[PDB]
Peer 1: 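The following entry shows Taxol complexed with Tubulin beta chain.
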Amino acid sequence: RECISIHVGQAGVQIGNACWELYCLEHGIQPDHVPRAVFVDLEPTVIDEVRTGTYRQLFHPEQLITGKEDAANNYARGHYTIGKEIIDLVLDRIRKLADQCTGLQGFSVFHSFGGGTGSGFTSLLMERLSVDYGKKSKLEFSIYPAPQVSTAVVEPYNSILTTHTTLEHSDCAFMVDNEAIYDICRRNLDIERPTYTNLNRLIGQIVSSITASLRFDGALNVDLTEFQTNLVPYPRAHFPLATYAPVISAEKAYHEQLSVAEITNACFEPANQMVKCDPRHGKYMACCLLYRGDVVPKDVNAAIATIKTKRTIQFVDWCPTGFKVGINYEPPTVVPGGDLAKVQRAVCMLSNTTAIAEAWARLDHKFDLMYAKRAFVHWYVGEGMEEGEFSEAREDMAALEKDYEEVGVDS
Amino acid sequence: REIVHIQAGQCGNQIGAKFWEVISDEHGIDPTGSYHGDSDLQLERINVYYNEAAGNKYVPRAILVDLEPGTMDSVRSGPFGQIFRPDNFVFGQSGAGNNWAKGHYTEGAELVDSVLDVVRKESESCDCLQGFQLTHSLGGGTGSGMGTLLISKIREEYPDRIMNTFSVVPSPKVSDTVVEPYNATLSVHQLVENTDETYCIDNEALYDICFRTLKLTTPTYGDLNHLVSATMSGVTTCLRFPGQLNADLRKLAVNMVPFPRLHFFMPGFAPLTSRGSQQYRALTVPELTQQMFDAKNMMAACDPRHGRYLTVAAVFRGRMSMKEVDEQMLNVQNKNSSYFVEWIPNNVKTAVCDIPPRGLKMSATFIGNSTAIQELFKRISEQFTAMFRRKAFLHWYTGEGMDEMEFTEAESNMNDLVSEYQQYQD
Amino acid sequence: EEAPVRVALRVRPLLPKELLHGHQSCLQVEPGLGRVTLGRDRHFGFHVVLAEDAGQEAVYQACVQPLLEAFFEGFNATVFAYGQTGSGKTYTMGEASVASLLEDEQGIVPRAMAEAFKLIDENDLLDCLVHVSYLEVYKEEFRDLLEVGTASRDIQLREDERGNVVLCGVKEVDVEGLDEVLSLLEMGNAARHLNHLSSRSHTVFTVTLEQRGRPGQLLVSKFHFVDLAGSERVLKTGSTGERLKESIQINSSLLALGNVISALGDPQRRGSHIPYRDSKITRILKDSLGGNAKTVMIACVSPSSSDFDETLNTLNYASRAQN
Ligand SMILES: CC(=O)O[C@H]1C(=O)[C@@]2(C)[C@H]([C@H](OC(=O)c3ccccc3)[C@]3(O)C[C@H](OC(=O)[C@H](O)[C@@H](NC(=O)c4ccccc4)c4ccccc4)C(C)=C1C3(C)C)[C@]1(OC(C)=O)CO[C@@H]1C[C@@H]2O
Ligand SMILES: Nc1nc2c(ncn2[C@@H]2O[C@H](COP(=O)(O)OP(=O)(O)OP(=O)(O)O)[C@@H](O)[C@H]2O)c(=O)[nH]1
Ligand SMILES: Nc1ncnc2c1ncn2[C@@H]1O[C@H](COP(=O)(O)OP(=O)(O)NP(=O)(O)O)[C@@H](O)[C@H]1O
Ligand SMILES: Nc1nc2c(ncn2[C@@H]2O[C@H](COP(=O)(O)OP(=O)(O)O)[C@@H](O)[C@H]2O)c(=O)[nH]1
């Protein structure tokens, strides 16, 4: 019930390092009883980060499943043979935890599109979960690629082959891109040294307000299933946008006029939502707002009102029933080496829009260009794919962007 | 992850002797003694290049092969000539024929099996095999005939792991002995089908970097091979330390090839400053940035600006931020975007270490694949067909059983290799 | 001055192991119409469409015998047998199959070799003696199937200044009788590598007869029985285990070949140098593609709807067949 998750992918592992760190600080967890997850990677190096120094004793280490073979960041390798040795062992560990927990609540899945690691292992992982536990809650979670700040050479192909089948095995999904978070740390946290681990403290902050506070003492605690019913008007598992607003640094908070309407209104300025496809024209179809700290309802039913009565931040016309709000009680917690500045009230927003298909187009046509010269065919067909797999991925996203298309302006 | 080492050829010993200077200093290893490195993190994945069979000592997993003994005999008399288990030596007192084919058909050919027994004793000696490092030269037969003879048998033996080719392509004018260029052709005719990564180096580039950018006027060859030791110390075990985003050989293999022709690679190293004169108060990742992509600080013969860029991967070594990495890579995607070919948007491949080298605060590792190497092998082609026409050095190769028909096939295969380089220079 | 690559397609008959399990005929067999309906809108062009009850002599006289006349031009001609795993490429040319009752069970190979000894009888003018070769392409490595053992470092190919490809380490035996020809095919098919038990590697049988132009300009003619491999693409559910590794390496060679042959007819975006060098079955067929040398495409499909898109993928093999 104090939910139990998975972490594959190097960024998934370290994002669980700082995320799980903020977990094991904010509930008063001492650095020495019960850890509640598993860590999987296709190289024991990244796990041996955690398996060496701090937060090593605080696990029962008989579960940090590692694969001593290649890291292998290419999709068809990571979906097929090289993870086939480990997938069953991961299944038995998570079913052992499924039996040990009582009334399991759901699955939140931390991985990445940014490599073969958390792409195909994630793909048939989620597929195998929907075979196993298909009548449950599935919340997949990858870092969406940068449109021009990209890293991998195969930067499309992992994501494109992943969304070929990762759509059909989760419903709720949170994709956050790096570049705007660099805008937040550069601008509004106001430092010029943006670290990967600080990004990890930011996503660890937002997930630290998704559920652990929402399974803490909240007067309006929200079910995880209320996401997968509220956020999608259609059963086609779509994906919203989540943003933690009060990103002021320590120098900022000599700022005695700081209330709920400030960061509430700051959830809706376009260049702050941690994805580079800002609501220039994305009509909002769904908005779940989750608050915490000493939240005053006056900023709620004045600020959210003047959001909706702005008529510049236009919602979806034909389907405008797009609010779902829950407020926790507990404030967030300062990471002792962190950057957030002990804020007495906090908002984590999320909102499914029109806009993301344009971002998908940012990934799509890009994907087509390196396909246009038949470029990296020999690795993936050298691992067990074919032309028709790429074609079904392309047609799959082609229907997907029209599904994103018709719900919006078409009223 | 485990990798064995190969030094073929009269050149090669030094080719990598300097590397065994470096990496033992990188982990805190005496000529005889043990892990005297003060930091525990120099230990955690040393198994990629090492073993422990005497237990308390350390041994480089390395196979040292030459067709003339006195070179490696000088090596075993060297300052790190005692850190080897000398039973790993395989050689002979045969005449190291300066023919390619004499090292490929006759002399080392009756010494191939003696090598293969040591590669099989050393391969399954320990945990799962990862890659192979082929350090040699093309300058003669000794690194080239027995080289591609070795790895051509190896890929038939092992069709699975990674073949890293440290070749030494001759500099396009500063020759060695003008019988030279055939020792490229027949070697590289059987390189592209029996490797997947080829890091080729060039001599006058070494004199260009050592002589000009460093203001040392006297290029000792140990300094040249010291620079190549900075390359391979840059590449692999750097990724096999902790890294924020730390790739491997296989990721670099899938990254930097378009096709399985693998389009042999051109390395570079960023901090290239003279000895004490370069107090600068501006040394960081960023510098590595502009320093990496200029026409100098390149180990290639041709000017890299003269073609496009297909794929370039970088391995940055230092406590640093990827925002001020990836922003810089965006700058290279902008300001030079004409020769930075468009249809692959990410010609860059980011690679992030966590450790510096022994004294420097921050270093960087260039690995490149342009289209410009087109006008290297064409260069090698143009000399090749030049004094092929007289047929004047034909007897030394016919006398070792190499036949006539092999040459024109080598010309056509390297030829349309150059032709497809032209077809993607665009 | 160049004749185009002639384009033909074959449908196989349906076995009861797929008929009784409910595989409906997703194809529309239209042999005389020169076209084939797939689904309700896919209509493709083929010169000779072969029905699922066709005769191997009619296959022999539509494509092979016009190239047997063109084999006496002193120039190359090449016809392969393409299909997915289970399409009947063994029956298509007629090797590794010994019934020889109706004689239609064996196909083109005893027809072209029997007719080849028929053409030794008539043309007693040119000094001609045929030698053949029978090789394996397996895991991108060669194997002399006419020999119980020959080193892979020995079996390598050559290339001359004229523009041909010469083999090495290949046992070459002349012909004197169709009993010797079928004896070499028998011993070789026994030396190849369940019922087919892999159907995996390429079995390449090259017929060679130089034609002495009339002590003068030698005019070389080769004819090619190049039996291809199965073209399974999707199959996660098929080849597993160590036999997964047997299927996967040639599977890259399949779309390597398809990557080669599709770089000719579509010059729309800088149609670069043709990469014959990527695979060892492609360098042996560089002469078998374009130019004054002849090439006719024949592929075998399946009426099962489960390989429907795969059949269309075979049609995608056939759609880009231009030249
Ligand atoms: C007081 C001080 O800071 O001295 C520096 C130094 O002055 C400079 C000039 C070093 C110096 O390097 C050279 O002069 C050089 C000589 C021949 C060929 C190539 C280079 C240095 O010798 C090299 C040495 O490099 C290392 O320690 C690295 O760990 C390096 N090690 C070796 O190459 C090595 C040398 C001898 C024995 C064993 C190893 C390394 C680099 C990449 C991967 C692995 C290891 C360093 C920082 C210095 C000195 C000592 C003067 C520089 O080179 C490197 C590779 O760091 C040259 O430009 C850089 C900038 C450095 O600041
Ligand atoms: N936001 C964020 N993104 C990261 C971080 N680390 C890596 N990434 C991105 O994630 C992509 C790859 O995903 P990862 O799971 O981290 O790496 P991987 O695929 O597991 O690589 P291996 O560990 O070698 O298998 C990279 O291209 C990065 O762009 C991080 O710390 N924070
Ligand atoms: N057109 C066909 N005509 C007659 N028999 C066929 C035909 N197609 C399939 N068969 C039979 O069904 C079985 C499957 O054919 P088979 O040749 O083994 O498949 P394949 O993929 O072509 N194998 P291979 O030729 O070895 O690469 C064989 O026993 C055939 O006799
Ligand atoms: N970097 C470097 N290259 C060298 C050195 N010595 C020789 N070479 C190059 O390597 C080639 C020598 O290869 P080698 O095996 O020694 O010659 P071989 O015995 O005739 O085959 C020559 O062509 C030189 O250009 C050296 O000390 N450093």
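Within every chain, numbering begins at 1; the chains are lettered A, B, ... in the order of the sequence lines, protein sequences first and strands thereafter. Just so you know, ligand 1 is whichever comes first in the structure, and atom 1 is the first atom listed for that ligand. Basis for what follows: all heavy atoms, side chains included, without hydrogens, waters or symmetry-related copies. So this one's electron microscopy, 4.2 Å, going by the header.
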Peer 1: Quick one: which ligands or chains are Taxol?
Peer 2: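 Look at ligand 1.
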Peer 1: What other chains come closer than 4.0 Å to Taxol by at least one heavy atom?
Peer 2: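 The other chains in heavy-atom contact are B.
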Peer 1: In the entry's source annotation, what organism is given for chain B?
Peer 2: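 Per the PDB, the source organism is Sus scrofa.
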